[PDB]
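The structure described below contains minodronate.
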Amino acid sequence: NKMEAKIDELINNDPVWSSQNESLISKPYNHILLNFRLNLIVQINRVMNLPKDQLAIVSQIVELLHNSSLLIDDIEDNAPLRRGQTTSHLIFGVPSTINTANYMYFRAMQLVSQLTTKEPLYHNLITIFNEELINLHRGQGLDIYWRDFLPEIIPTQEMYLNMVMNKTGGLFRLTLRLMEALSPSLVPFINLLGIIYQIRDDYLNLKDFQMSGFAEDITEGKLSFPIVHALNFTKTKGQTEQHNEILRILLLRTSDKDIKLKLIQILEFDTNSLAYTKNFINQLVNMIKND
Amino acid sequence: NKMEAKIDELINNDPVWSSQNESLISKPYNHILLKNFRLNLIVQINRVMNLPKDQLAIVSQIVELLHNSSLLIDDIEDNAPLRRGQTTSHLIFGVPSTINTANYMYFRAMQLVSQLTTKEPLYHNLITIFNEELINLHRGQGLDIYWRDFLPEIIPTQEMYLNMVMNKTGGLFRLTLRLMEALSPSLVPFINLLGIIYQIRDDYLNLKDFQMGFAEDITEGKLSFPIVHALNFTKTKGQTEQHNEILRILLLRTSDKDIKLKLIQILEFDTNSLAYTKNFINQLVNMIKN
Ligand SMILES: O=P(O)(O)C(O)(Cc1cnc2ccccn12)P(=O)(O)O
Ligand SMILES: O=P(O)(O)C(O)(Cc1cnc2ccccn12)P(=O)(O)O
Ligand SMILES: [Mg+2]
Ligand SMILES: [Mg+2]
Ligand SMILES: [Mg+2]
Ligand SMILES: [Mg+2]
């Protein structure tokens, strides 16, 4: 009698969700919340001319996707720090962080319908959202597979660049394409910026450590731009031993500074991968500065 | 020059993705596919919705993707070594690849949504349905995980547990049903009762199968239906030491057969929670039968 009634009031309503419940599961996200991406949206806008109301929502959407991606990336990469602070999954656990991060992807999708009331356009914005997230996951999927199944596949410079067009280019293209569709193409340019962004991120990760950083990419074992170069150069030049030692070090998932410094000096003096990467970056930057 | 030419051909094209790459990224999802009743429920419900087989195939594909992906993540979240007898994906391909593949399918599934209709309003409603229910799924799943991991900061009551279930399990049940009802040329209450019966029966069988089943729920330490009842029953009957012993076993995250038996025996002899649960499920099935 009273039970059947309670159950009947239950199944005949939307599920109950409290602001307290909301707060409790947003902890991993609130943690990572502690302007440049915002600055990038603004400069792009000096061309896209979106009104401030909309620029604002484009921003909220991009921050949510961006922060969610990092929460997950740190789980995927087993990173202990992000922005000099302890990583969310280590504080709240992998379970909550994965769920909160995926939760936010969906809150992000929800925000898209606050951009328009035009059914044709809205459909377009969603397809953009859907497409760049699909691309993001593909790049990230390759990067993780190459790394976790090494030495199964040794990627070439070409493969690495295609993985980067997907992985990083994904959110760059997403932001700009939403804006371009909202404007009352800068895709190639934004693609080049993402590539430069990723190769500089790979490089400085070792160059900072070498100069003084943690070179956490070595610990992770990633097929970074410098590593891909060193791995193919050594294969090509008959340096069997170096090629193997590079792989062994990546596969140690080591935190020892000396072992990391040894790998880095291999890329500096033996394969010349650091100079190569440095130069490749400049060449890319000049492709713009000489536009 | 030749370097610039290539970077140019690169950035002016769509990102390259091959069938082989698509294959690599799929390994974690395909592994869980080796595991018809879901399909039958769709078939059966359709005798009321009458969607054209073509359209019904996509809804089905969408549902299999959401369901499979959420199971891939659920195993990582519950630290499960097994799923229907086979080794779970994360233990074979790793947590990183399994998470990313599951997440990629969520999005592949979202894409299959616009292949359901081209009618613009109708499509908006389909996306909104998809969005709303995946949000609910994550909310309940998130609260279910919060209670377990923060235990014993919060011990839910039977009412809290039911609202977690309405979000957690009701999510994909309703997403399915609501999409069909929208594409049909309201069974929601019924589908809501179904998900609840399903989750309580799921929590129930996990202990029972072990009593007659590894009772992984004890190891996971979750606030299942019989456990919530036991916790609240011993608190109400002021049975301090039993209440505590239940919490202690759950916090052990134990694999020990003997310790697992003990908690189940506290639930059989002390609180009569398993029986209380059998009775709760039977009353729920009755609202449908009668
Ligand atoms: O951890 P960072 O900041 O160094 C890193 O750059 C993070 C990163 C790059 N690209 C993506 C795409 C989605 C999510 C995270 N992403 P990486 O690729 O090196 O993990
Ligand atoms: O692991 P199972 O199969 O026993 C389980 O039933 C899996 C389950 C139930 N409801 C959801 C919602 C989202 C993802 C997984 N879900 P549980 O709730 O016990 O994790
Ligand atoms: Mg990464
Ligand atoms: Mg990382
Ligand atoms: Mg589970
Ligand atoms: Mg679970």
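The alphabet sets the chain names here, A first, running in the order the sequence lines are given. Following the PDB entry, chain A residues are numbered 4-37, 42-191, 198-225, 229-307, in order. Quick note: numbers on chain B are straight from the PDB entry, i.e. 4-38, 42-191, 198-224, 229-306, in order. So this one's X-ray crystallography, 2.3 Å, going by the header. All ligand and atom numbering here is 1-based and tracks the order in the structure. Hydrogens, waters and symmetry mates play no part in the numbers below; they use all other heavy atoms, side chains included.
Minodronate, all copies counted: located at ligands 1 and 2.
In this PDB structure, UniProt names the chief binding partner of minodronate (ligand 2) as Geranylgeranyl pyrophosphate synthase BTS1. Other chains, heavy atom under 4.0 Å from minodronate (ligand 2): B. The 4.0 Å heavy-atom shell around minodronate (ligand 2) contains B:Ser76, B:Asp80, B:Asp84, B:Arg89, B:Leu143, B:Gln147, B:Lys174, B:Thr175, B:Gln211, B:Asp214, B:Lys238. Of all protein heavy atoms, the one closest to atom 12 (C) of minodronate (ligand 2) is B:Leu143 CD1, 3.2 Å.
Scanning the protein for heavy atoms near atom 3 (O) of minodronate (ligand 2), the closest one is B:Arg89 NH1, 2.8 Å. Which parts of minodronate (ligand 2) touch B:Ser76 is read off a 4.0 Å heavy-atom cut-off, strictly below it: atoms 14 (C). Looking only at heavy atoms of the protein, atom 14 (C) of minodronate (ligand 2) is closest to B:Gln147 OE1, 3.5 Å. Among the atoms of B:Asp233, none of the N or O lies under 3.5 angstrom from an N or O of minodronate (ligand 2). With respect to atom 19 (O) of minodronate (ligand 2), the closest heavy atom belonging to the protein is B:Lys238 NZ, 2.5 Å. Looking at the UniProt Mg(2+)-binding residues of chain B, I find a heavy atom under 4.0 Å from minodronate (ligand 2) for B:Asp80, B:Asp84. Residue B:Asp84 places at least one N or O, backbone or side chain, under 3.5 Å from an N or O of minodronate (ligand 2).
The closest protein non-hydrogen atom to atom 8 (C) of minodronate (ligand 2) is B:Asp80 OD1, 4.2 Å. Checked against a 3.5 angstrom limit, the closest N/O atoms of B:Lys174 and minodronate (ligand 2) fall inside it.
The shortest contact between atom 5 (C) of minodronate (ligand 2) and any protein heavy atom is with B:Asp214 OD2, 3.8 Å. Numbered from 1 in the order shown, with element, the atoms of minodronate (ligand 2) that lie under 4.0 Å from a heavy atom of B:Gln211 read 6 (O), 9 (C), 10 (N), 18 (O).
Other ligands and ions closer than 4.0 Å to minodronate (ligand 2), given by number and name, are ligand 5 (magnesium ion), ligand 6 (magnesium ion). When each atom of minodronate (ligand 2) is checked for a heavy atom of B:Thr175 under 4.0 Å away, the hits are 9 (C), 10 (N).
The shortest N or O to N or O distance between B:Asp81 and minodronate (ligand 2) is not under 3.5 Å.
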